[PDB]
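The next block holds one structure in the form of structure tokens; read it before the comments.
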There are 2 protein chains.
Amino acid sequence: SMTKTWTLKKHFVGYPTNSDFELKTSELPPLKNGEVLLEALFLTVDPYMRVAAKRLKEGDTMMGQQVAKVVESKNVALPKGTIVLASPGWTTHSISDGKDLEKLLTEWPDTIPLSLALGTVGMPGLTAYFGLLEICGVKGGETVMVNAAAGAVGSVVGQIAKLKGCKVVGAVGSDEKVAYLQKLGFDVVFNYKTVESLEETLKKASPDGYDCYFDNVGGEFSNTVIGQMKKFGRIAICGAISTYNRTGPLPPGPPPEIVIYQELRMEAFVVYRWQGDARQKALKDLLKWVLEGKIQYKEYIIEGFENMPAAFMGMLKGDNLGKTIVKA
Amino acid sequence: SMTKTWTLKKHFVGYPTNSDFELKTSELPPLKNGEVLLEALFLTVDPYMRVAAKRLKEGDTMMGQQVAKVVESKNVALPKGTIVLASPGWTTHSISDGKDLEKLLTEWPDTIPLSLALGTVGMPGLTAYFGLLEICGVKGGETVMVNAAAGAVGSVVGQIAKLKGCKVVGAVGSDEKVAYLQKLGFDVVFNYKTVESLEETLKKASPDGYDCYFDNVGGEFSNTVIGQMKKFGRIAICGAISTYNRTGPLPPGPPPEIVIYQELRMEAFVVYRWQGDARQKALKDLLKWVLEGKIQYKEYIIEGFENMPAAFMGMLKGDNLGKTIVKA
Ligand SMILES: CN(Cc1cnc2nc(N)nc(N)c2n1)c1ccc(C(=O)N[C@@H](CCC(=O)O)C(=O)O)cc1
Ligand SMILES: CN(Cc1cnc2nc(N)nc(N)c2n1)c1ccc(C(=O)N[C@@H](CCC(=O)O)C(=O)O)cc1
Ligand SMILES: [Cl-]
Ligand SMILES: [Cl-]
Ligand SMILES: [Cl-]
Ligand SMILES: [Cl-]
Ligand SMILES: [Cl-]
Ligand SMILES: [Cl-]
Ligand SMILES: [Cl-]
Ligand SMILES: [Cl-]
Ligand SMILES: [Cl-]
Ligand SMILES: [Cl-]
Ligand SMILES: [Cl-]
């Protein structure tokens, strides 16, 4: 069985470029007993891959998750036709012994795109769920600041916060994204590229400050928000996408006098802290909320495996409205 | 009755120098009913004063706490001879209505210097107690990193950590402070000014990394420690003394990739979060541990109120062995 694979040709320097990637074709070996052949249906690209790539050797396959189908099987538990979540990296076909696969929720209806299993009802949505509910620890009535708010993580954060009775202020990177989050029920949404002053916009959005900060961006954006956190405010550090492609030193941290006298609690997290049973319960909640209309979503589906680098680079730049997914 | 007062003549640039301070002599107003006249016995100088000074107007009294004796009284609860903690600033004599004064522990013995009420068995010791036990949440068997470790905060952090069954690594600025903390039972103590590599020294001190970081210093030192924190490691942000006297650009924040991958919890605190009740129980614990020999101490007593600016500057620069105190 042939396969195509995207490899890291050269470690990224700044933003990735086309030349940093190399497509290779190879033939996979026959299956051994207990193994399955997986055909990728949908492949995700996500900001963490800009960081995780630094641990690869040049020539290695780019890491990542996909929704795949078993197209040949010598595994009793995994017959032909089985849909799984797998992480063989950026490849069209792969062989698995089954150990590391995750199966689709049995509740998964044929009325919603399978690509959502990589987004809203997948690891980004779970990142939003646990970051907001357990790290921010919202109980209701808080004012929550969320950046990269039209991303797959941030848009779930804001919609769950509304369900919990919070006020939500969201920062986005385009005018279309403003309308999107307006439609989704955010209390305040602004385009951070076009406001005159981030400081003044955040102050008008919540004159008495912010209880919780769900931080995907980092850098100077976060320095500005930290200056508007209430005493004992909570920051959930999910990502720092404004920094991952840096070529020079990081910006200065926030003035320590602010952090100390406001007695801020800042905790970083990764979704895999929560184990399988907790993630399954949360995925079922996310799916129920989607089917009830309480969580809406947008996807940016790009056709063609050959476009996966372009998908990744466009996503890193914020060029796309909705979760970026490649359809094989 | 006359008083001498140290005022801020010029806002500090970098570290203070002598010409930034001005000593003034004035006559205090007569005592009204319910008031007491307080004579300073011991006055403390502490790093937070360097930051708090930025908010003063030129001519204002420098802020700070002292142990004082009631020498004239119209307040039945505070007869002449009563010893109190008071915060009138850097002044030899002051008037109080009594409302914010604190008597010492009832069981305070005459075998313990009164000046310890400004150190090990006072606000520095309480900062150490709550920061380590509640913000870091040590439970036993952890490895603790503490910097500015020979101050009253740091020395109490290390000795409480030892009595809880932790390993403690301390960073100090002089060889004499290395010997002091070695005698106090710190597992590893190093002079950060003379090591070839802070990264390598911290690695040798704890090859598997740090569970808890009690941080008084901040800046680049803390960025290095953050790269050696264990997964779910906890940072108690008490101070950032490396930034208080630092000219020029502020230091970069820590690499977000490390903070997020290690899922660190970083919380700032001030001792005033804990109300007078819980502070009293902690103070009793500290006194009992001093009397049992589980917490030892060293003070650097400078004679003469006229030497208080010099005491402050030497303390800021790390040049004094033991908590710096001025004896009036
Ligand atoms: C899979 N996962 C959890 C997660 C987080 N950090 C990791 N870091 C590493 N090194 N390795 C991992 N596997 C990893 N996984 C995810 C995936 C995507 C997003 C995320 O932020 N995605 C963007 C995608 C933006 C877009 O598609 O436009 C978003 O805003 O939702 C977060 C967590
Ligand atoms: C009173 N207190 C709490 C505290 C903290 N920050 C504040 N900040 C401000 N602006 N105002 C306050 N009153 C204040 N109080 C204290 C006092 C001293 C130390 C302290 O760290 N002292 C040094 C003294 C160092 C030395 O003498 O060498 C130490 O390391 O023990 C900490 C907290
Ligand atoms: Cl190119
Ligand atoms: Cl390499
Ligand atoms: Cl997987
Ligand atoms: Cl966005
Ligand atoms: Cl819930
Ligand atoms: Cl300065
Ligand atoms: Cl130090
Ligand atoms: Cl020290
Ligand atoms: Cl000594
Ligand atoms: Cl991880
Ligand atoms: Cl205890």
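By convention here, the chains are lettered A, B, ... following the listed order of sequence lines. The PDB entry numbering applies to chain A: residues 2-329, in that order. Numbers in chain B come straight from the PDB entry, and the residues shown are 2-329, in order. Both backbone and side-chain heavy atoms feed into the values below; hydrogens, waters and symmetry mates do not. All ligand and atom numbering here is 1-based and tracks the order in the structure. Going by what the header records, the deposited coordinates were determined by X-ray crystallography, 1.8 Å.
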Just wondering - which macromolecule does ligand 2 hug the most here, in the naming of UniProt? Prostaglandin reductase 1
Can you tell me what they call the drug at ligand 2? methotrexate
Heavy atoms under 4.0 Å from methotrexate (ligand 2): which other chains do they belong to? A, B
Provide the number and element of each atom of methotrexate (ligand 2) under 4.0 Å from a heavy atom of B:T128. 33 (C)
Check each atom of methotrexate (ligand 2) against the heavy atoms of B:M316 and keep those under 4.0 Å away; list them by number with element. 26 (C), 27 (O), 28 (O)
Would you mind pulling out the UniProt NADP(+)-binding residues of chain B that have any heavy atom less than 4.0 Å from methotrexate (ligand 2)? B:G152, B:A153, B:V154, B:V271, B:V272
Select one of side chain, backbone, both or neither to describe which atoms of B:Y301 lie under 4.0 Å from any atom of methotrexate (ligand 2), heavy atoms only. neither
Which option, B:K318, B:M124, B:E300, owns the non-hydrogen atom nearest atom 2 (N) of methotrexate (ligand 2)? B:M124
State the atoms of methotrexate (ligand 2), each with its element, that fall below the 4.0 Å cut-off from a heavy-atom position in B:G152. 30 (O), 31 (O)
Working on a figure here: which residues of other chains come under 4.0 Å of methotrexate (ligand 2) (heavy-atom distance)? A:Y262, B:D47, B:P48, B:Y49, B:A53, B:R56, B:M124, B:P125, B:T128, B:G152, B:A153, B:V154, B:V271, B:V272, B:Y273, B:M316, B:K324, B:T325
